[PDB]
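Structure of bortezomib (bound form) in complex with Proteasome subunit beta type-2.
Every chain is numbered from 1, with letters handed out A, B, ... down the list of sequences. Header entry for method reads X-ray crystallography, 2.9 Å. Note that these values count all heavy atoms, side chains included, but never hydrogens, waters or copies made by symmetry. Order of appearance sets the numbers: ligands from 1, and atoms from 1 within every ligand. Only a part of the entry is shown; contacts are counted within it.
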Amino acid sequence: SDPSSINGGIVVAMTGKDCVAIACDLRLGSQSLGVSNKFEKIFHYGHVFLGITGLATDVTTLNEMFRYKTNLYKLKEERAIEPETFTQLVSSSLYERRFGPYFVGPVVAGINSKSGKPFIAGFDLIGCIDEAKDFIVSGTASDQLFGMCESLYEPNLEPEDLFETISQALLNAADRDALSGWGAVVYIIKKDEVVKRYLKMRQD
Amino acid sequence: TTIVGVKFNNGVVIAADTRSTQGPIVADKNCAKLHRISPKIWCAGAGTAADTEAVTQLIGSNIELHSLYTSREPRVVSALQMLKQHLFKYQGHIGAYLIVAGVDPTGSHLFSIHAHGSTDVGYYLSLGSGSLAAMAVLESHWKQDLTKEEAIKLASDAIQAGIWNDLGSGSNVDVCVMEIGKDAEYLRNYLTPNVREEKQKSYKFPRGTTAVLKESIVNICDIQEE
Amino acid sequence: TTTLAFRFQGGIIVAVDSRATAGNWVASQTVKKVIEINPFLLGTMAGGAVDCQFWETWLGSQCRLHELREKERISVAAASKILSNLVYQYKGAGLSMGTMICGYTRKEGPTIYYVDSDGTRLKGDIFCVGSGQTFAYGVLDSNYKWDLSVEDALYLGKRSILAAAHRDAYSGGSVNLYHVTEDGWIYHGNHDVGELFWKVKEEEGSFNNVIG
Amino acid sequence: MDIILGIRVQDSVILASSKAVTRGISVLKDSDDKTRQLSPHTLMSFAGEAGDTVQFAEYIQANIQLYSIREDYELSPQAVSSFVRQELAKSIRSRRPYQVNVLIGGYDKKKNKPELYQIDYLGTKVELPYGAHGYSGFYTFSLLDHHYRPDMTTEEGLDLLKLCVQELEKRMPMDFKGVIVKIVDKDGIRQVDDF
Amino acid sequence: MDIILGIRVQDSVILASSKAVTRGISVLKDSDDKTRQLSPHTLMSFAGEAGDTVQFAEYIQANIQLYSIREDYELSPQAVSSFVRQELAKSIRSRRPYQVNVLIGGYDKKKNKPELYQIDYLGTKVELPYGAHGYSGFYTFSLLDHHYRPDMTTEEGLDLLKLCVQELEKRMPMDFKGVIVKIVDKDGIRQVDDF
Amino acid sequence: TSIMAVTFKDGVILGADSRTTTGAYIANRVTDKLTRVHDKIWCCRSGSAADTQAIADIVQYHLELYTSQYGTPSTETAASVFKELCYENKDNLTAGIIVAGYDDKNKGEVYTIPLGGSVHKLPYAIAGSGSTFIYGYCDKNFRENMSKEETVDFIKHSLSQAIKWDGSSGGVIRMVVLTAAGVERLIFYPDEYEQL
Amino acid sequence: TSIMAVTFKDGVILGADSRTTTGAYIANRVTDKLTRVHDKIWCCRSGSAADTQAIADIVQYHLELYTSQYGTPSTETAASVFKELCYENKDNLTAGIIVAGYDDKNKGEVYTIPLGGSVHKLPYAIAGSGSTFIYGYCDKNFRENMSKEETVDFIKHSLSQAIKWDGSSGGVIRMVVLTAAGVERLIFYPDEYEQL
Amino acid sequence: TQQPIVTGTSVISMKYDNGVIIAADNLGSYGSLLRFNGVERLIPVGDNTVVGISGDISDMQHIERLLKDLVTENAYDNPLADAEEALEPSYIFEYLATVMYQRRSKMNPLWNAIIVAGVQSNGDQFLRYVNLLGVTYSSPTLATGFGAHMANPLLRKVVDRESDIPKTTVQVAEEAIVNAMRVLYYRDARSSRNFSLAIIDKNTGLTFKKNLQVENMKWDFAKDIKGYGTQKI
Amino acid sequence: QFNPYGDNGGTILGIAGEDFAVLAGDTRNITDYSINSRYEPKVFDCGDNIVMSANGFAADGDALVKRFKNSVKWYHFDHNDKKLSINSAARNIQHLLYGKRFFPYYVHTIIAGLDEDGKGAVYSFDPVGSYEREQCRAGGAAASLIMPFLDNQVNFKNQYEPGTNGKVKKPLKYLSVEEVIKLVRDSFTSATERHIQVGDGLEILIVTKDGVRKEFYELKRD
Ligand SMILES: *[B]([O])([O])[C]([C][C]([C])[C])[N]C(=O)[C]([C]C1=[C][C]=[C][C]=[C]1)[N]C(=O)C1=[C]N=[C][C]=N1
Ligand SMILES: *[B]([O])([O])[C]([C][C]([C])[C])[N]C(=O)[C]([C]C1=[C][C]=[C][C]=[C]1)[N]C(=O)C1=[C]N=[C][C]=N1
Ligand SMILES: *[B]([O])([O])[C]([C][C]([C])[C])[N]C(=O)[C]([C]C1=[C][C]=[C][C]=[C]1)[N]C(=O)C1=[C]N=[C][C]=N1
Ligand SMILES: *[B]([O])([O])[C]([C][C]([C])[C])[N]C(=O)[C]([C]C1=[C][C]=[C][C]=[C]1)[N]C(=O)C1=[C]N=[C][C]=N1
Ligand SMILES: [Cl-]
Ligand SMILES: [Cl-]
Ligand SMILES: [Mg+2]
Ligand SMILES: [Mg+2]
Ligand SMILES: [Mg+2]
Ligand SMILES: [Mg+2]
Ligand SMILES: [Mg+2]
Ligand SMILES: [Mg+2]
């Protein structure tokens with residue numbers, strides 16, 4: 001009944017020293033029934049990464065929408081969109097459906113190509129921006145993620161240390177949620193290289 | 001949320017806490033609730049976060065175009081009128097509860113706005129879940145002919161009452177001072193009485209602790225030449 | 001929850017999962033869903049945790065009183081009927097139970113009774129109970145025979161729970177195995193699904209859908 | 001309607017769909033084909049609310065056939081599935097949404113690969129090795145998790161499908177009057193007349 | 001449970017009762033005997049809410065068996081049916097009524113006549129040549145109206161009963177997993193093991 | 001809310017409390033419920049603060065545009081514009097308004113517009129939750145052609161009682177005097193009117 | 001319903017209208033709401049006619065049995081018996097009762113018992129639907145130690161207004177005077193009190 | 001299950017160095033109607049305890065009778081009724097707390113919020129809260145209804161934690177209480193200007209002050225406030 | 001309509017050591033968005049070297065603890081001052097809770113102490129009486145924030161040994177009382193940051209063979 005917890009899933013993002021990390025589980029279900037273990041929730045438009053939790057049809061629809069908009073942006077601007085700008089675009093786009101909203105929990109992550117500054121941001125389903133320094137969480141195990149992140153996180157982590165922190169934050173949060181898990185992906189993002197890692201986790 | 005506005009000798013000051021909540025969870029610990037409508041018209045917002053942001057940007061945008069059209073600095077009553085008529089039209093569904101303040105060629109002004117579109121005038125005002133804690137402080141310590149220093153003190157004390165006693169409010173105190181014949185000074189994190197203590201332990205993991213299945217380089221660059 | 005029990009040549013196999021949830025929140029992964037009623041009787045637990053616990057340990061007290069009074073082991077039929085008659089008194093009040101009462105006696109042989117909070121009491125050869133019962137049934141029905149070895153029967157029960165643990169969101173944690181003979185039940189270990197899945201996938205060649 | 005299954009093997013996609021049409025009290029028909037050919041190498045099975053199912057399927061069929069004539073070219077299964085998803089994603093926020101779930105089994109002649117897509121009435125698309133809609137999956141996914149190997153032949157796929165249908169006939173309460181099985185491969189679409 | 005039928009012929013009463021036991025999603029058992037022998041020449045089939053059905057049947061069985069021992073005498077089918085009706089008529093105005101419908105097939109040894117009584121959970125008793133509970137009657141009464149002649153043999157009764165079960169298997173949505181048939185005559189009660 | 005308008009020899013006086021409540025919390029204790037739609041046509045507002053403000057703002061706009069074309073409007077005309085808004089939007093409004101004005105030709109006039117949108121011209125009018133408690137007092141004590149001082153005392157004593165008994169009413173008693181002489185604002189504080 | 005009891009120098013006077021209504025139909029226009037539970041302890045009844053009659057009947061029974069054992073009960077005692085019934089059966093009763101009596105030791109006393117079952121001893125009391133409209137009037141016009149004639153005028157004028165504004169109230173104004181001299185019944189008809 | 005009819009609003013209280021202060025206005029509201037203007041909601045028990053009650057007044061009067069009866073019962077066969085075996089604040093509270101929770105458990109609650117303020121035999125300050133649900137808690141400052149939202153913030157500025165109690169004098173504490181009562185009169189639509197205040201000191205005993213009034217009120221600034229935004233006249 | 005239940009917030013945490021056990025809980029008590037008390041003790045010494053806390057609706061929590069303390073008293077009277085073992089206490093509490101199965105104590109109960117072999121023990125209960133011995137359990141408002149952290153940092157879940165890459169798990173080495181208290185403090189500091197009903201103070205009761213010791217720590221008061 002509750003659209004935001006029919007399919008299930010989670011996304012988490014963190015900042016480190018000259019880097020950002022964004023991670024998501026791979027589960028898509030119909031309430032109790034697990035349907036797919038390859039449903040990735042993180043997408044990217046140039047060097048800007050977007051994770052989306054919530055109702056899966058809207059996750060897909062918004063990805064296709066932001067691909068649409070970022071491609072037109074690039075043709076006209078003659079440059080790739082930046083994380084700060086994209087964050088504002090997501091907020092605009094979500095709020096225009098104020099009274100008929102997409103049931104989603106988007107999470108932006110990336111590094112500004114000009115300043116080199118790491119950036120993360122979160123939103124509610126209707127556009128409000130949560131621009132945190134440390135970390136952003138989203139999905140059916142958001143409470144669990146808040147607890148993990150708030151204890152495990154420390155500032156200025158190196159990329160390979162940040163990987164361990166975000167992975168453990170996701171994995172242990174997902175294992176306390178019935179509608180999350182079934183695999184996981186972690187993106188480690190630096191100014192001009194991005195590493196994608198699939199995590200080994202319990203498949204129940 | 002605790003937001004307050006206090007009039008003084010030569011202007012007006014507004015303040016706010018920095019806690020945003022989703023039920024009993026804190027979504028953001030350092031949220032920015034003071035919004036700029038124009039250079040010398042600022043308002044604090046309570047209620048639904050997206051709505052206070054969106055309604056402020058829209059009116060602030062139209063106020064800017066109006067200022068350019070009329071070749072005049074914007075007035076608080078204009079922002080007030082545009083906000084109330086917008087909110088009234090949406091019959092309370094746009095959940096924005098605003099304290100609008102500012103200085104303009106007419107003078108200094110302080111108003112409150114509610115989601116249904118009603119406005120109120122005052123020398124001291126408070127809105128949000130911690131407005132009762134704040135209003136208790138304002139009703140106890142407010143007087144006529146406050147100085148700038150006294151008004152900032154009173155405003156931040158009223159926010160603190162919200163921070164400590166209201167669960168819907170917390171973290172830091174933001175302030176914005178708008179004095180006549182001067183630039184408005186936005187004091188982000190004016191007070192910071194809620195820094196987290198050092199943790200007992202470091203939870204930095206040994207590298208290789210997490211089990212990995214696959215690795216790959218992601219192509220973020222464009223299609224290449226040659 | 002996924003619990004199963006089936007009769008075969010070597011007696012009865014009982015297999016259960018370990019998960020307990022409150023909504024989408026996983027409350028526990030280490031729940032004992034099998035009650036050791038006596039050295040010969042086992043009860044499975046599904047539905048309301050407390051209802052099953054309270055009344056099945058209560059059942060053990062009634063079974064002990066029977067054999068004190070009658071100087072004879074209680075039958076699986078009599079034991080199951082004590083529980084079904086009890087819950088029937090509470091019918092409508094909101095008890096939530098799906099249980100198998102499993103045992104061996106001389107007069108009956110290996111016997112399984114499905115007992116239910118709606119008052120249903122059914123004797124049978126195979127039963128699967130819980131939110132993940134349908135998943136367990138698939139594996140069981142396609143691989144079941146009367147002529148299974150204790151070793152092969154134990155694996156089928158383990159595998160059927162694993163199947164459900166994977167697909168059913170409200171099942172998982174670990175697998176508890178029991179084997180019931182005429183000299184009593186015999187515990188066959190706690191098997192974590194987090195290790196069992198990758199072991200079974202590799203050795204059996206199954207779950208080719210999932211990447212490991 | 002009730003049970004629709006799909007399984008993608010080495011070189012083909014196999015769709016099984018129940019024959020029963022029950023209207024409340026009575027089974028009105030026991031030979032209903034719950035599928036439409038969208039293009040020579042793309043088949044769509046469907047199940048949902050009465051009327052909506054066929055109306056939607058035929059509407060999609062017409063649109064793909066129109067595309068085929070205009071461009072003198074067959075769309076890829078991926079392309080067709082994306083078109084279908086968008087229609088359902090559009091539909092869910094309509095005055096009266098299409099209450100239809102579908103499976104799209106196609107053979108991509110360009111990549112020489114069979115492809116199976118599962119899409120529900122909300123517009124939730126997933127590519128799978130095997131799929132189902134409704135209560136079917138609850139019984140069948142456990143069997144498929146165990147037996148499916150991706151290098152299976154079409155004959156092995158049909159045997160694994162028989163094992164699914166047997167389990168459904170044993171444990172499901174509703175009599176779905178057997179299934180019509182159809183195979184989609186490089187040579188097109190054909191129906192297995194004896195199952 | 002689901003389908004229970006009854007037919008009174010020349011010299012016997014035949015009761016057919018489905019074997020399926022379904023809980024919501026799954027068919028837990030396909031060999032369930034929905035009947036109890038109340039006395040050597042009286043059989044009662046039953047269908048209704050889970051738990052209540054067996055609890056009621058066994059409660060009636062116990063009472064009739066108690067009567068049989070006390071008086072060293074078998075009550076007539078008419079007498080047993082009246083006792084059962086009163087229990088249900090008492091039950092319907094209770095805190096929690098028995099949600100059970102029954103058929104009572106008996107052979108009266110005094111009058112040398114078979115007798116079939118249909119009683120619902122309200123305590124509504126009727127003596128009939130053929131009867132049914134639930135949705136069964138909707139399909140079967142038309143066939144019985146046509147074919148029943150009252151002087152049929154037991155073998156003719158079974159053939160007419162097969163025609164009823166075939167129609168049910170064709171037109172009913174639920175798979176009731178066939179029926180257990182039992183014959184009540186002057187020699188007592190016996191089960192037809194092949195049907 | 002306790003509001004009233006009273007005609008007298010020299011014109012008309014509007015009176016009101018200053019309390020705005022959200023349930024039992026007093027959101028504003030110094031509210032101005034006496035509002036101006038034209039130079040010498042004012043109104044008392046009761047009910048929804050948003051609705052009555054929105055209405056009053058629209059009326060002021062209509063009378064400003066009327067004045068620019070046809071000169072000063074009558075109090076009856078102002079009441080008609082209020083009525084048109086309250087009647088045609090009765091399903092969506094919660095507004096009880098008293099319109100009071102001063103012409104030189106017609107002198108002091110008072111029109112009350114309750115929830116329905118009906119109009120009633122009266123010598124004096126009372127409205128708001130607190131008015132219920134002073135029907136008896138006002139009926140017994142009202143006279144026509146009172147002096148300015150007598151009318152101020154009549155309103156002061158009346159609203160004093162309405163405030164005393166009604167929780168929704170309180171704070172200061174505001175008044176606005178409308179005569180040929182001009183527009184005079186009066187205020188009366190708790191220490192003054194409570195001891196009456 | 002408009003009911004009131006007022007203490008004065010020589011004792012206490014109870015006053016009431018005579019209207020009983022089923023919705024807007026007046027079932028009885030000459031009702032006697034002033035009822036006797038003891039020689040010089042009476043009560044005014046408001047709310048459910050059945051409930052207040054049942055209560056009053058029970059109280060009269062209790063005070064009659066009290067008198068037979070312990071002599072004449074106090075007005076406080078009578079109010080306590082009323083309270084015990086109204087409080088302990090608050091979920092099932094709809095009764096607003098004013099108890100008024102005359103002792104020689106305590107003189108005139110008035111106790112009001114609203115819906116909850118709480119007791120409040122007062123110099124005077126008002127109750128019933130029509131009382132809302134005369135809070136202002138009664139508060140302004142009540143004095144302690146009034147004469148018999150002044151108190152009759154106070155009650156007559158008060159209930160006159162309550163009747164004028166409340167549809168549930170009307171008919172004749174009944175009164176009962178309780179003093180050392182005895183028990184006097186008074187009646188006042190529409191033609192008399194309407195012109196006040 | 002019922003609904004409250006005649007109701008009393010906030011009861012506020014705090015500890016200070018030698019004892020406790022408690023206060024409550026004298027109003028009995030009947031919905032929005034301010035019906036009864038002479039209701040005492042502070043009820044002393046002996047010379048060492050004051051029970052402040054808010055909520056339903058009929059249920060308050062019932063509780064008042066229970067406490068009156070409790071004193072009577074304690075005196076029975078008790079030669080030390082006015083000495084060592086006198087009623088303590090802790091005894092009186094626990095009794096009420098038992099009754100409140102029992103009544104809620106029978107689904108027929110006494111619709112009240114109660115604060116028991118007093119001083120124990122050993123001179124310790126007693127201040128504890130209980131309500132219709134049987135919920136109990138203690139704190140240096142306690143308040144019911146609107147007092148919880150408006151009084152507590154002000155009183156906590158004086159005594160923020162346990163260590164502030166010995167540093168707070170009776171003059172400072174009373175001043176804070178009286179100010180809080182004024183604030184509640186400004187902002188609570190079901191409050192009155194008239195109130196009662198009680199001080200239970202371990203040295204000077206029980207001081208019960210009746211017929212107090214909110215004074216030194218700021219209203220003058222109201223004259224400058226015109227319209228709701230754009231209006232100038 | 002009258003609602004007999006309420007939510008007083010708070011959070012509790014039990015951790016079983018090798019020869020000790022801790023039961024911690026914040027001291028904040030709330031209704032809705034108001035603080036009732038910044039110091040209202042929630043974890044209680046019930047005698048026989050058993051500590052208890054019933055988190056949730058405080059009235060039902062206080063009632064249950066009161067009745068269990070009472071049960072310990074009568075256990076001594078009825079069985080010759082015999083020490084009530086932690087397992088026996090747990091079963092007794094199941095019956096207390098289930099006794100009100102159809103009008104439940106709306107609380108999350110945790111007890112801690114030592115088993116009859118002297119090892120650390122923690123038992124956890126749901127509102128209607130289902131219970132289970134555990135090594136680790138958080139209960140109450142911020143239980144969802146704390147439990148995942150404890151799965152990771154107490155049971156070393158999803159942690160493996162460097163160099164082996166997922167093959168060898170991190171060994172389950174025992175934790176000292178000083179190490180556990182660090183994890184408790186960090187759990188409540190973190191829970192306070194992200195949960196509005198958690199704060200003010202943290203009170204920890206430590207149970208060893210020597211007896212019951214208390215430790216108090218300040219938490220953020222916003
Ligand atoms: B304050 O408490 O009024 C605060 C001020 C806001 C402008 C930052 N409000 C919130 O934080 C609201 C509370 C709320 C919750 C649920 C519905 C409506 C309002 N929070 C949000 O708007 C919110 C919630 N989740 C994510 C983002 N924003
Ligand atoms: B199983 O999922 O049915 C399981 C078996 C039980 C013996 C532990 N039950 C539960 O997990 C139930 C919820 C439930 C989920 C799915 C179907 C039926 C019931 N949980 C509880 O009873 C429970 C008890 N204590 C804490 C949390 N949850
Ligand atoms: B008065 O009480 O009617 C008053 C008059 C208004 C013009 C200021 N109304 C209000 O205070 C209303 C509530 C109300 C009370 C009584 C009857 C009808 C309505 N208040 C509001 O409209 C309000 C309250 N808080 C914030 C904004 N608006
Ligand atoms: B009075 O209006 O309260 C009046 C007093 C009663 C003692 C005669 N009550 C009634 O007239 C009631 C209805 C009512 C009106 C107003 C408030 C509460 C109740 N009428 C009756 O009880 C009645 C009406 N018709 C027949 C019998 N009883
Ligand atoms: Cl207003
Ligand atoms: Cl009458
Ligand atoms: Mg999980
Ligand atoms: Mg699972
Ligand atoms: Mg799907
Ligand atoms: Mg409106
Ligand atoms: Mg007032
Ligand atoms: Mg906090």
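- Every copy of bortezomib (bound form) included, the relevant parts of the model are ligands 1, 2, 3 and 4.
- With heavy atoms closer than 4.0 Å, the chains neighbouring bortezomib (bound form, ligand 1) read A, B.
- In this deposit, the organism assigned to chain B is Saccharomyces cerevisiae.
- As listed in the entry, the molecule name for chain A is Proteasome subunit beta type-3.
- The entry models a covalent bond from bortezomib (bound form, ligand 1) to B:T1 OG1.
- For bortezomib (bound form, ligand 1), the closest UniProt active-site residue in chain B and the least heavy-atom distance to 1 Å are B:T1, 1 Å.
- Binding site of bortezomib (bound form, ligand 1), heavy atoms within 4.0 Å: A:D124, A:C128, B:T1, B:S20, B:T21, B:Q22, B:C31, B:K33, B:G45, B:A46, B:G47, B:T48, B:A49, B:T52, B:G168.
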